Amino acid sequence: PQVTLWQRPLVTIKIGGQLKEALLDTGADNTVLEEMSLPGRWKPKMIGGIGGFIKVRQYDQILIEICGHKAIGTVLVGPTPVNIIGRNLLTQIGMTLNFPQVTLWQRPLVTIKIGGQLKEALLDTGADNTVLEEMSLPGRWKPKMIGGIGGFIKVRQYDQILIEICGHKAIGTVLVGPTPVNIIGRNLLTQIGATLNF
Ligand SMILES: Cc1c(O)cccc1C(=O)N[C@@H](CSc1ccccc1)[C@H](O)CN1C[C@H]2CCCC[C@H]2C[C@H]1C(=O)NC(C)(C)C
C-alpha cells in the first residue's frame with residue numbers, strides 16, 4: 001500500500017481485541033489512542049503537542065495490527081481527539097515517506113526556504129496545515145486558530161506563500177505562530193508528491 005496525502009492517511013487498526021481507525025502520523029514520535037480499554041500495567045506520562053500537554057496512560061509491549069501488519073510497542077492512552085500511529089510503530093511496519101525515500105527511525109526533517117530564510121521543518125502526515133514558528137513573512141494575514149493535541153494556539157494565516165521544501169517548490173497557505181517545531185502539513189506535502197509507503 002502506497003498512500004498519497006490528499007486526504008488524511010487513516011488506517012484500520014486492531015488493538016486489545018477492538019477495531020479502531022487511526023492516523024498514520026510521521027509528525028508524532030509516539031502512538032496515542034483515545035480513551036479505550038487496555039489490559040495490564042501502565043505508567044503515567046505527559047505529552048506535548050501544538051497547544052499544550054495532555055496526561056496519558058502509558059502501556060508497553062502492546063500488540064497492534066495496523067492495516068494488517070503486526071507491531072508491538074508502547075501505546076499511550078488519553079484525551080486525544082484522533083487516534084494517531086506515531087513513528088515508534090510506523091517503523092515497525094516498514095513505513096516510508098517518498099517524494100528521495102525517507103525511513104522513519106528519526107524525525108523526517110527537511111530544509112525549507114521561505115520568505116528568503118532557511119529553516120528546518122518536519123514532514124508531518126498527521127497535520128492538515130503547515131505551521132511555522134514565529135518568523136518574518138511579507139504581506140497581509142488573517143487571524144486564525146488551530147487545535148493540536150494540547151489544545152489550541154493563535155496563528156497568523158498567510159496565503160499563497162512560496163516554499164522550497166527539500167528543493168521542490170510549492171505554493172500554499174502557511175500558518176505562523178507559537179509552535180515548537182516547524183511543520184510541513186498535507187496542504188504542501190501533496191504538492192511535492194509525498195507518499196506514505198509500507
Ligand atoms: C502526538 C505527538 C507525540 O506523541 C510526540 C510529539 C509530537 C506529537 C504531536 O502532537 N504532533 C503533531 C504535530 S505538532 C508537534 C509538536 C511538537 C513536536 C513535534 C510535532 C501531529 O503530528 C499532527 N497532529 C495530529 C493530531 C494530534 C491530536 C489533535 C488532532 C491532530 C492535530 C495535528 C496537528 O498538530 N496539526 C497542526 C496543524 C496543529 C500541526
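Each residue takes its place number in the sequence, starting with 1. Order of appearance sets the numbers: ligands from 1, and atoms from 1 within every ligand. Reckoned from all heavy atoms, side chains included, excluding hydrogens, waters and symmetry mates.
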Drug or drug candidate at ligand 1 = nelfinavir
task = Tell me which macromolecule has the most close contacts with nelfinavir (ligand 1), using the naming in the PDB entry.
result = Protease
query = By chain and residue number, what forms the binding site of nelfinavir (ligand 1) with heavy atoms closer than 4.0 Å?
reply = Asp25, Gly27, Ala28, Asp29, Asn30, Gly48, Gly49, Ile50, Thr80, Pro81, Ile84, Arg107, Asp124, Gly126, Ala127, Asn129, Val131, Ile146, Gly147, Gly148, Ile149, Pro180, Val181, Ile183
inquiry  = I'd like to check whether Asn129 has a polar contact with nelfinavir (ligand 1), where a contact means an N/O of the residue lying under 3.5 Å from an N/O of the ligand.
reply    = no
query = If you measure every N/O of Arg107 against every N/O of nelfinavir (ligand 1), is any gap under 3.5 Å?
reply = no
key: Which of the nelfinavir (ligand 1) atoms, numbered from 1, are nearer than 4.0 Å to a heavy atom of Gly126   = 23 (C), 24 (N), 25 (C), 33 (C)
key: Nearest-neighbour protein heavy atom for atom 38 (C) of nelfinavir (ligand 1), which is reported as residue plus atom name and distance   = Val131 CG2, 3.7 Å
Nelfinavir (ligand 1) to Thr80 polar contact by distance, N or O atoms, under 3.5 Å = no
